[PDB]
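Complex: ribavirin monophosphate / Inosine-5'-monophosphate dehydrogenase 2.
For reference, chains are lettered A, B, ... following the sequence lines as listed. Per the PDB entry, chain A residues shown: 10-124, 156-166, 170-225, 227-420, 437-514, in order. The residues of chain B that appear here are 10-124, 156-166, 170-225, 227-420, 437-514 by the PDB entry count, in order. The residues of chain C that appear here are 10-124, 156-166, 170-225, 227-420, 437-514 by the PDB entry count, in order. We're sticking with the PDB entry numbering for chain D, so the shown stretch reads 10-124, 156-166, 170-225, 227-420, 437-514, in order. Counting starts at 1 for both ligands and their atoms, in listed order.
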Protein chains: 4
Amino acid sequence: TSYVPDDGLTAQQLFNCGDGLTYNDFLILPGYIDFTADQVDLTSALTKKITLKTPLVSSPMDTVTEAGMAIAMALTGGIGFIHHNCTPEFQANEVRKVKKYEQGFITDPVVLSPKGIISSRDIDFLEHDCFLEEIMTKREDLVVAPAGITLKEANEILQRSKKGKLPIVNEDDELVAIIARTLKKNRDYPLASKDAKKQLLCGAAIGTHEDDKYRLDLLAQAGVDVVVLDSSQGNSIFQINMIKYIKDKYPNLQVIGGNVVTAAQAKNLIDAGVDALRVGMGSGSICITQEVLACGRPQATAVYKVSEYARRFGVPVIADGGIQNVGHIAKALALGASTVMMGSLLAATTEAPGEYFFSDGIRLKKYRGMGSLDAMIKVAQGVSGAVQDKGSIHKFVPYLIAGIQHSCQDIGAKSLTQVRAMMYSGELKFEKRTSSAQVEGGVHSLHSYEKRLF
Amino acid sequence: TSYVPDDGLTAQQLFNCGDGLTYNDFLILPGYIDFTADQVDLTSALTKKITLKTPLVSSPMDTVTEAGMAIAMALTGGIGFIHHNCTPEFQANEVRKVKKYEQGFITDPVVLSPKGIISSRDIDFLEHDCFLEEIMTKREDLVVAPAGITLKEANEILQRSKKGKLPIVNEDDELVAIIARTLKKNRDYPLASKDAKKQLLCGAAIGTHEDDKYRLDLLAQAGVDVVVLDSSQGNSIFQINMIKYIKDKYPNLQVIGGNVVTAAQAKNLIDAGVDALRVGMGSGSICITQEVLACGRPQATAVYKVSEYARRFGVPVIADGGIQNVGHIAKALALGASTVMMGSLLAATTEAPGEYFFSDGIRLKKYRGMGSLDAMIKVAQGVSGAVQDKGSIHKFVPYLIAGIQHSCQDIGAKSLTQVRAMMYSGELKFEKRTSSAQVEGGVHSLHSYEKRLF
Amino acid sequence: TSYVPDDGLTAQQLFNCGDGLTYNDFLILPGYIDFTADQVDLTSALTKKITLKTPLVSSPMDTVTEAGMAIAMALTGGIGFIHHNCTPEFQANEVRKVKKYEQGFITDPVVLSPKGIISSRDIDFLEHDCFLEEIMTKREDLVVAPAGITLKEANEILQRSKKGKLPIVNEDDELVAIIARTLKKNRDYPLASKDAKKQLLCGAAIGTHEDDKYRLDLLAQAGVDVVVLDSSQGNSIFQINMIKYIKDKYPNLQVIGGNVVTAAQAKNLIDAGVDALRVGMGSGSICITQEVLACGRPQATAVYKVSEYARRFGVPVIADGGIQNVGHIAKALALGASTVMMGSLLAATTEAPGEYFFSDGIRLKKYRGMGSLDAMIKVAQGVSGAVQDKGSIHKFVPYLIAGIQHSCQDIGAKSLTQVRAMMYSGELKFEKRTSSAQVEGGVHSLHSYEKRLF
Amino acid sequence: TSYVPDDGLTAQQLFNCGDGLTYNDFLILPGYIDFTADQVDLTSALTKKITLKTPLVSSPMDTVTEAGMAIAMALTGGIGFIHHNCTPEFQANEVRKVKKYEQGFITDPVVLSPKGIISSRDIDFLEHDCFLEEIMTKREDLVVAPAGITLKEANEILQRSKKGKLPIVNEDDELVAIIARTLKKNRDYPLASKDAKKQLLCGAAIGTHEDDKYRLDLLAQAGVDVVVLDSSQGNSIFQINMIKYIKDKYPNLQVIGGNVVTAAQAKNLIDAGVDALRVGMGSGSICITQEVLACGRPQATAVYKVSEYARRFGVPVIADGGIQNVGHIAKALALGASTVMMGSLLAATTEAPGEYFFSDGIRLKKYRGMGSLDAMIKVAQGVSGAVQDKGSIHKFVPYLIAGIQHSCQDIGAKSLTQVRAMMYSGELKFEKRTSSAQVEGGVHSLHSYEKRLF
Ligand SMILES: COc1c(C)c2c(c(O)c1CCOP(=O)(O)CP(=O)(O)OC[C@H]1O[C@@H](n3cnc4c(N)ncnc43)[C@H](O)[C@@H]1O)C(=O)OC2
Ligand SMILES: COc1c(C)c2c(c(O)c1CCOP(=O)(O)CP(=O)(O)OC[C@H]1O[C@@H](n3cnc4c(N)ncnc43)[C@H](O)[C@@H]1O)C(=O)OC2
Ligand SMILES: COc1c(C)c2c(c(O)c1CCOP(=O)(O)CP(=O)(O)OC[C@H]1O[C@@H](n3cnc4c(N)ncnc43)[C@H](O)[C@@H]1O)C(=O)OC2
Ligand SMILES: NC(=O)c1ncn([C@@H]2O[C@H](COP(=O)(O)O)[C@@H](O)[C@H]2O)n1
Ligand SMILES: NC(=O)c1ncn([C@@H]2O[C@H](COP(=O)(O)O)[C@@H](O)[C@H]2O)n1
Ligand SMILES: NC(=O)c1ncn([C@@H]2O[C@H](COP(=O)(O)O)[C@@H](O)[C@H]2O)n1
Ligand SMILES: NC(=O)c1ncn([C@@H]2O[C@H](COP(=O)(O)O)[C@@H](O)[C@H]2O)n1
Ligand SMILES: [K+]
Ligand SMILES: [K+]
Ligand SMILES: [K+]
Ligand SMILES: [K+]
């Protein structure tokens, strides 16, 4: 015979009925492998105009994305969104801080007012004399460098002054930047996500309330590339206006639509004029909306449903919420999502806001939902907590990339663009997983065991 | 195109087959928001004649509703039902106590027999002399007030006597009431549930056994507004008679039908002449009937099924049992319920019967089913226990209201009347939730976390 | 209108497809109540010829049924089966012991050989002299009683001798029995299960292996009323022969067929000539067959399927295994079962074999499957353990009866015969229960709680 | 009537839709028993050319199969596969070591270089003198034996020298072997799996990467009988080539195809020229692929689907992964599998690699997946751990055999060949198991319990 039938379920019959299943409810039948995993191209679109080397994106939460994270993320190939739980000024600062970050050049030099350099030497010896400028008269005659400044002469010249951060200025003695030694052989970031001006990409979230139009402005000034509207149910006249307002004012600016879960919700945003859709309502580890409200939708189905529609307009979808492991990323992407947003899966990370604090013989790192009472009487829709400890976004992300690539390989696709083309064509196959199938899917029948991922 | 199909399940296909699903088995797809949550009107009917500002209702259990609770509940916009685990006299007392409660006026002044006022002063100094009247001859010549008594002159006049509870009498020196300082700026209860005589509404539960006709009488005297028949299976000739007996005797009185779960059970009660139906069999946190019997029905389905029928007669349905969180309330209401009754979700509360007693580094408050051996050889159908500690019904209820409103908003309804009109029309959409969907629905992927709701 | 549709699932569509559901997977919609629970008649058949006042039956396990249990059970209205884990002689003894038990008369007087009465007096005072008969010459001239012996003169006469167990003999000084004081006002057992000779009924289990034909014989002699073949898969040529062998030899004797789960398995036994069928394979608390084999079937479905067939021949079915609570009994009976057999649910009991032994601040009582390595290289198909502590079969059983009656009432049936007639007619309604429905079905949303059943 | 319908589900309708169920999701309805369990023949094929007495097969993991295991397994009637986590030389050694193992003859005599025998005597008395050959001049004149060596004269002759391991040599004083006393009455292995040269069978796993062709060679030399390609997704051009390469070079050699789960994946391997298929992706206790990727399939369905196809070509299927108990073996075999491979279920065993180390008052034995970071930045797809303690493969396996036989009996098949013929014909019946059915399936309703299997 040499036939072999067409066993396997198609996306349609699996996510277009009314059962409402999530990532852990299904699998993806393998295909034919004839290329190595690293040959898999993960290039994907974040918006109608922007494209990242990797589909990963950090969430706009006060415990996940902040300068450091938006930078690492961008450097590793993804992008980040600065949360909006702080006066517009500060949030806007985190943007410019990112938007004008340059290899080797000092991050954002801590500084003080006279109220010249100031090397520890002084601070030590010789009562706290009348202010700093006094206890520190660092003569104009000092080791500084001209605008011809470069990483080359920098470090080297630093040897003469045996210092590790010589200052640089344009012409009007107003520090443009300070080169720094601290790393000893900077790596190369070939996938770095940057804009036209070669600066790293940077996103930012804002509300849809009136007092957010000013906030947006400060961000816009700072060179923000894309902004996402923060809402649990983004299909409101408020967001729609907020959309129009922004698109009009700033034509040259991408706007991602508030969190939606239905094709109907999307229609309004795609019409308002959005550049993408953030799909996901009540899937976040810290989000507890479905339990305290009554509205929401199972992630896997939501991502599939909203993408199949959004695609018909060239509007990328960001699968936000529900990604509890590498696996769930490939899943979300295979269902129509162009990129995926993470929060908890990127909390412990060292680039994330906050500091670690061992608790009960185990590592730790704060992490809560922006809808929690702390982050914010108001009805709490989120919870507060903390997670373990992962490596650094510079090594963690690369691991995610390998997984996603290994996933694509097992399936038979050499790119994410293909994975989607396959599932929409009916070539990509799926299969439901019973509770026992889920149990067998993970670790079982062991007396004890540990786990290390990369 | 600009079409977007009609994705979404309708109530019918979801609760009218035979799967028997509960609140945690489904969700409600969001709609369009074009109004703020606080604009949502929660007005709902408790019976054919009565209407509350809020659909909340405390349960007739000896650990939930009692004077204090029936008062707070009424003040916050809902209503309460005094349990019937105590001689009719006492239960009847709790009613009048409620029915004639007035702002500022002392609750129910504790008192003693001679066997004039009696300020601590005496009790202290000068052997327990022959009875109270002796160890306390408080002269007729004392600070008291005339029927012109008002909160105005009251407190003020109290200053002269530097006391905090001057007595007031009509004419025949028989204390009608005592004004009291103890609060320092009473709030305003705009939603208060009151009757024609401007007195707070008050409900009361009674059995269907013969010896309950006298009990009902004492309650009726006390000015009870509505009574609910307490039974697990209320479709018995006993209740039906008890219905007729009451409707006849007291025409001007609402009667809620025993707990039912089917349209067939309802028919008998709607015919007997009930003013509402209490739907719910074996859903209560402390009820364990389904485990020790064989009869019952999944709450969500029961509420939907009995309401779709009851509505065809203008008979309100009270979704009693199964409400484990704010979310489940909106759910019950969206399925055809006019109001919802709670027990455990209103136990810890300070207005509830009993006192707290820290246990294992944690707060506590007794709570058990009226079907438990303690509350009541008889077959125990309930269990006994206790819960944590919530705020006060004066702040807790308001939180429930916000939730329910936030829920209605997310859906797209500006009132509960609308939410039901939407689900019966097919506009309101639902989606089943798999076990994984339920797991993703709540908190997951966190190393640890705490939870605060309002 | 006044119609009300026909909501509700019928047994057929619920247990005749291939889903394989158990008791916890469904419920029984209530009906109309017009009679009190105690008016419910539980009379049910155990075999084609025998009938018990109650459908309860103790299991033939070395930790459940033994003389004491087969007696209490019979007295409370049910029946018991002596296990066969002991030489035929001893098992046969437990039978006669039961079969000839009489109110007041000493159970089975412990005794010694000379190698007259022997009151402690002696044992105490005056070296262990040459044997008992010597250290105890209780003269012929002693307080004894004639065959006219009766509970009347007995106790009374005992006063004169101030003893508590005067001996009685026929004529040939061979103790027929000894009356005993130890209770102080024996109760009345109106439901007692007895045979023609007014003796309590008694069952007994035997294997189907060759060496079991002798064992059966000793039992037969002892006046056993019914015997059950002990097998996990009773549809073997071995049992079929064993059936024929017995039916032939002892026509006047009931034989219950080995454990089966299908209508096909039953056909062979009903033809071999059985008087009943023990349905249930791998449902017992201690049975772990399904996990270590590959054959078996979900109890609820098995009971329904085998009964619908067996009934077509007047062959009663004993729902054995899976009854984890009062509720599951009514369920099994409502599906076609005539009686139900229990093991674990009757372990802690005081009438059960073994003694209690507090462990970890909690009561205890051994309990294991006859298929366990201990009870019995052989493949273990059962496990060994222990349970808590229930009352006495004289109070526990009565509780089960109330439940079963309360269950029948809630449904609307005044007898078990009716409950079955209702489910087979399509009048009795059912509804599946989702996992959440099962969770809501039991205790939930409580911070803590205890449980007392009767 | 005497008909009895055809209740029961067929494999087809149960594993050929898209639900994806595992072993714990179904059962096998019993049939007719007319033969004893030990009469059941378990003979099954491992490949197109090879046949084992028992369908058991140890997995190629560095914690399961290694010489000792491949020997015991072969002796008990099955076969084993040496893992490939060690230079080809060593892995190849483990093969020859096995391939030339002979009863009584010393396993693999530990040895040292001069850098004659060497009995402890010396080592003790008389500074570590210049090397061994010196501190030990065991004269040529010593107790040794000629090629006529046999277990007969061996042991006996050993008495004269009162030693326990006399050396034997061919002619050129180059030890061919050493007979040893250490057991005191060697048993008989009637089912031993051997090749034409009467040597025990031995399998070995290799990768499909280029540098594996040399490795294969060393194994081939050592007399390996069958080799299995180690891959999670074995349907790649790499394996297909690796297949062709081997089949060509070594015609007289069996090759088992990489792990597959679909009929489509199989087609390529059956065409490449494989002798069997290893079905199973992400079912292993230590495999966590489905959780960190997105591809895989529920074992039960995979085994059924791939076998129904593979059989159409006479290509045996090895159900690898998911076997958590005796029961699951019969299940896998009944669905079309010819043999089953185990890992964890054969870890604790004494023949397995590694030594035990009590931990927390309990026994222990290391066990991890070859995909774990330890066994192997790379993406970890497995985990590391350890299990309890089972007996010895010489007693454990026999237990598995009894189970599998007991299973076959309960069904009604006298051989595995029959079990499959029955399920493909539609005679063998199945039934799904709900979560409650699964709960009832195992141990429940017990206050406590222990477990011993054989
Ligand atoms: C905000 O972040 C989230 C996100 C992204 C998600 C979830 C979530 O719970 C949160 C936290 C809660 O966000 P939100 O539900 O509070 C939405 P939002 O922040 O826009 O607040 C909405 C309310 O603000 C008021 N509002 C919004 N815009 C205006 C406006 N233009 N004028 C007046 N009032 C407005 C209304 O009361 C409207 O209901 C979730 O479950 O899935 C995704
Ligand atoms: C009473 O509260 C509940 C409620 C409200 C619920 C559940 C529950 O378990 C209880 C506790 C138990 O109530 P109930 O089942 O004991 C019902 P009820 O209190 O009316 O007692 C009923 C029995 O009393 C006797 N009875 C009732 N009325 C009469 C009568 N008129 N004459 C004689 N006997 C009567 C009968 O034996 C009838 O079976 C439940 O599972 O869902 C809701
Ligand atoms: C015995 O009790 C049970 C019961 C009642 C149940 C289960 C259970 O596991 C046990 C314990 C195990 O009983 P069994 O499976 O060992 C059945 P049985 O005691 O009859 O032993 C059967 C074997 O004995 C041998 N045999 C039986 N009769 C003969 C015979 N006539 N001649 C020769 N051999 C025979 C055969 O090897 C036959 O397979 C269960 O899962 O559901 C109900
Ligand atoms: N409910 C809340 O308080 C809250 N806080 C954040 N979120 C949503 O959950 C997402 C993160 O989900 P996760 O941690 O990847 O499961 C965020 O991007 C945001 O959309 N929700
Ligand atoms: N079974 C019992 O003892 C018992 N006690 C109270 N109840 C029922 O449960 C309801 C409360 O449910 P809950 O606590 O909101 O889940 C009560 O209103 C009553 O109808 N049941
Ligand atoms: N597998 C075993 O060892 C074993 N031992 C007893 N049993 C079966 O289980 C039944 C008791 O079930 P349960 O305890 O009521 O769930 C017994 O009547 C018997 O049929 N099974
Ligand atoms: N993922 C991993 O690291 C790993 N290691 C081994 N395995 C697979 O799992 C199988 C063993 O499964 P189990 O232990 O019987 O459930 C092995 O034969 C192999 O196919 N997988
Ligand atoms: K969630
Ligand atoms: K309950
Ligand atoms: K069981
Ligand atoms: K697994």
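Every copy of ribavirin monophosphate included, the relevant parts of the model are ligands 4, 5, 6 and 7. By chain letter, those with a heavy atom nearer than 4.0 Å to ribavirin monophosphate (ligand 6) are C. Lab note: per PDB, source of chain C = Homo sapiens.
Per UniProt's K(+)-binding annotation of chain C, a non-hydrogen atom lies under 4.0 Å from ribavirin monophosphate (ligand 6) in C:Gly328, C:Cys331. Measured on heavy atoms with a 4.0 Å cut-off, the binding site of ribavirin monophosphate (ligand 6) is C:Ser68, C:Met70, C:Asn303, C:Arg322, C:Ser327, C:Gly328, C:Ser329, C:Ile330, C:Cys331, C:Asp364, C:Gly365, C:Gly366, C:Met385, C:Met386, C:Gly387, C:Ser388, C:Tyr411, C:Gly413, C:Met414, C:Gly415, C:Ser416, C:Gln441, C:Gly442.
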